[PDB]
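Entry overview - 1-deoxy-D-xylulose 5-phosphate reductoisomerase with fosmidomycin in place.
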There are 2 protein chains.
Amino acid sequence: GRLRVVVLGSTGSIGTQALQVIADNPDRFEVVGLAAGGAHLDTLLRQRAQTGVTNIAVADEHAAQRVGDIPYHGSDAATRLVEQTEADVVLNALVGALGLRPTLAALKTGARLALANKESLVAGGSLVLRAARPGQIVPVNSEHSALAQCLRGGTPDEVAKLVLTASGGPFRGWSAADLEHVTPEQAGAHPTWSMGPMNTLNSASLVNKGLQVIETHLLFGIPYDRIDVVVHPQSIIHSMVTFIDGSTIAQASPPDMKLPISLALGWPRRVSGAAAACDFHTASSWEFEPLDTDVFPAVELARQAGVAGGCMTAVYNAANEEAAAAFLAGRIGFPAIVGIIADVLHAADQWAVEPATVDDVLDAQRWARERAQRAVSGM
Amino acid sequence: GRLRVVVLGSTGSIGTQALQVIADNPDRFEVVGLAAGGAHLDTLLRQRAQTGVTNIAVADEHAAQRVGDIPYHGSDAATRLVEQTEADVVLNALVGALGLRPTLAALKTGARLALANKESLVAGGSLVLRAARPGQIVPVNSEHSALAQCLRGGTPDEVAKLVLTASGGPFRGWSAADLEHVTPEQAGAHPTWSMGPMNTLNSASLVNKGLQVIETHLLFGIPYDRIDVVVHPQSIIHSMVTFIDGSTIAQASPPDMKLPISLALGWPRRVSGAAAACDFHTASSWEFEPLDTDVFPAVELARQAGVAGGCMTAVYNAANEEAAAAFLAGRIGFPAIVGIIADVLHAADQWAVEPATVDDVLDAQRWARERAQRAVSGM
Ligand SMILES: NC(=O)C1=CN([C@@H]2O[C@H](COP(=O)(O)OP(=O)(O)OC[C@H]3O[C@@H](n4cnc5c(N)ncnc54)[C@H](OP(=O)(O)O)[C@@H]3O)[C@@H](O)[C@H]2O)C=CC1
Ligand SMILES: NC(=O)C1=CN([C@@H]2O[C@H](COP(=O)(O)OP(=O)(O)OC[C@H]3O[C@@H](n4cnc5c(N)ncnc54)[C@H](OP(=O)(O)O)[C@@H]3O)[C@@H](O)[C@H]2O)C=CC1
Ligand SMILES: O=CN(O)CCCP(=O)(O)O
């Protein structure tokens, strides 16, 4: 009846909007657990008071101490919260490949995994897939939500292509020469979406879209050569499916995460009033343009990593995390992010083996981070 | 397997395109019956020669006099062929009120009815709906085909709005003052070989859209106040569904009637290669803008007629036929088309009774034509 929801990363952008959806719909949903890093205790304490949930995980030990009487604390806290909390839905909105163990714990419980943490699927790969029932993983991001809705337009044998839309980021249309001068402040403001700091930078570099191409292949089982990316600056069309007869089915809404969040939580059932619809009483246009793959090769790199398979997507992601951190610190330039990913991937021969265990995945990421640092040291 | 198809109106635009789809897909379809009026008897006779189908109907006895071996000829030849031919699908691409009895007969056989004939729903209304079983009628029109596909995005209970797109016609954005000066020639009237002069006019006047709104209500059971029209000059998006959560699902394809025809024939199964898909390698935009209902009141009039019910929509359509032909003959100006429809409808409340027979519908149309004629002449 009422779905019991554990919210991991409750204090971030996705987590807060998820709590708002749940608060607006006490008929459909109830929060039963919260996990956070500890960097925003004000927010977390506010959430504790508002939801009445004391079943809480805090990653940072000093922060958990500061609060007092937090039942789960330390780096395995989110995972143990998931293992020990009875739930129908686990919303994983943690950031980074650190969401991997909670993702795997969630799947092992049999709960629906409402997945915002793309990195756990990208890194985990077949390891995560083997742990899931069909339909157990339900994507929270707007692109995959769109695709899931659009796929209802036909049978699986009728699918020709999945078309992912990308905003193009703040630097859409820029030359490679132009990109050399980009600052962390210039890359820090998204034209259409309000997200956390990592998702915002990844949108500017197109790595977000590369990761989403990987997730698409893993979630929906479609070959990489049938996953297209088109640039759509308005971010109103969220993605499309083209069928074998020539028909395309597209999903559209004004950008608002509460829509895909609500659908992921309540899948298959839509949540009335979750978000504003497109308003056709006023003029608008939906524009499409090809991605410039020469200036922005991150999606092509993602495909190459995805095709190689095994632990190579974990390498792609881990290489990004390192180079991105070096960009935000002011150590390397903007175009060095995707350049280092490329350098790491093409040295990553050994990592095409399929992971048997989390340890295999961790091993690949450890290597990639080290190799990424070596690439940074060289510039 | 292979669907047995009867094609009614086989010498028209829809009928000949359907026959192409069928000739291109002998695995999926076989023609088992052909029906035409007799004005293009030669084409019908070529179709018999080409397809090998001898099960043919000709409405015009005079035309039938030319041949000597037509199994069905005279008034109701098409109805009789339907009654006596074993089929899985009847494509009704007949034009005008004479499509109505064949529709009723096709429904009675239990075959799927791929419906192009506008009068069957616009005029026949509750007579047709009471005869049809759920899902029996599959629309051929590109807008209705789009809606049927988009309705796959949720349950019936999840539908908020149906949004039909309209090109806006040749006078899109024109003021009322502009519209005073409209000539027949400008209203897309040419001696075009594949198009009735009324269809281009009905598009220009926005009456075509009004008729599509009525058919939408009847096909999908959505109230008139939840059926919207948006102007979309590119005609790439063929229509859209907005769901209760705020999500909109849209169907997009480059204009080509073989797409909706193939799907109507094969429903629910798509036909591979029916039409070209949208191509995103080249930049494009899809524009939307509201219709000025004050300059173009034809759609609101249609809703008024539809809400009234009974035979009121037959009156709407019949009043248009008279007024539109009167404009084309230079007996009235362009703005007076919808003006006369309004006047006839305001006088027409006796026709809000539900029709018991086809004759009730024909009487409504007779009255509406006579009423419109008086309006045109000043008598
Ligand atoms: N934002 C969006 O709209 C979109 C999000 N995504 C995905 O959603 C995920 C998160 O998005 P977003 O909420 O914006 O990111 P945020 O940075 O805004 O939120 C990150 C959350 O994770 C928590 N966290 C950080 N480190 C740890 C840790 N070591 N242990 C436990 N919890 C931790 C933070 O708590 P705290 O900071 O208080 O310590 C915070 O609540 C990402 O993986 C991203 O790819 C996908 C599509 C779009
Ligand atoms: N054309 C389009 O793309 C669209 C069509 N529509 C609707 O779909 C319907 C069909 O489209 P379309 O094929 O172009 O129309 P057409 O006029 O091009 O073809 C009409 C068909 O009806 C036949 N016919 C006429 N009278 C009789 C009769 N008494 N008995 C049996 N058959 C008869 C004609 O035979 P003959 O030629 O010998 O007279 C012809 O084969 C139309 O009514 C239209 O309103 C809706 C949207 C777009
Ligand atoms: O759900 C929302 N997103 O994933 C936004 C992604 C932004 P991008 O299209 O620029 O990567």
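Chain identifiers are assigned alphabetically from A in the order in which the sequence lines are presented. Note that chain A is numbered according to the PDB entry, with residues 11-389 shown in order. All chain B residue numbers match the PDB entry; in order, they span 11-389. Per the header of the entry, the method used was X-ray crystallography, 2.1 Å. When a ligand or atom number is given, it counts from 1 through the structure's own listing order. Atoms considered below: every heavy atom in the structure, side chains included; atoms not considered: hydrogens, waters and symmetry mates.
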Place of fosmidomycin in the structure, all copies: ligand 3
Chain letters near fosmidomycin (heavy atom < 4.0 Å): A
4.0 Å heavy-atom contacts with fosmidomycin: A:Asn151, A:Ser152, A:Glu153, A:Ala176, A:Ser177, A:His200, A:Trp203, A:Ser213, A:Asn218, A:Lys219, A:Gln222, A:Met267
A:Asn209, any N or O under 3.5 Å of fosmidomycin N or O: no
Atoms of fosmidomycin, numbered as shown, that sit under 4.0 Å from any heavy atom of A:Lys219: 8 (P), 9 (O), 11 (O)
Backbone or side-chain N or O of A:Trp203 under 3.5 Å from fosmidomycin N or O: no
Close-contact set for fosmidomycin against A:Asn218 heavy atoms, below 4.0 Å: 6 (C), 7 (C), 8 (P), 11 (O)
A:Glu153: numbered fosmidomycin atoms lying under 4.0 Å from its heavy atoms: 1 (O), 2 (C), 3 (N), 4 (O), 5 (C), 6 (C), 9 (O)
Atom 7 (C) of fosmidomycin [closest protein heavy-atom partner, distance rounded to 0.1 Å]: A:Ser213 OG, 3.5 Å
N/O separation below 3.5 Å, A:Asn151 to fosmidomycin: no
Contact atoms of fosmidomycin, heavy-atom distance to A:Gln222 under 4.0 Å: 4 (O)
For A:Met267, atoms of fosmidomycin separated by under 4.0 Å from a heavy atom: 1 (O), 2 (C)
Heavy atom of the protein closest to atom 10 (O) of fosmidomycin (residue, atom name, distance): A:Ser177 OG, 2.6 Å
Distance filter under 4.0 Å to A:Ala176 heavy atoms, resulting fosmidomycin atoms: 9 (O)
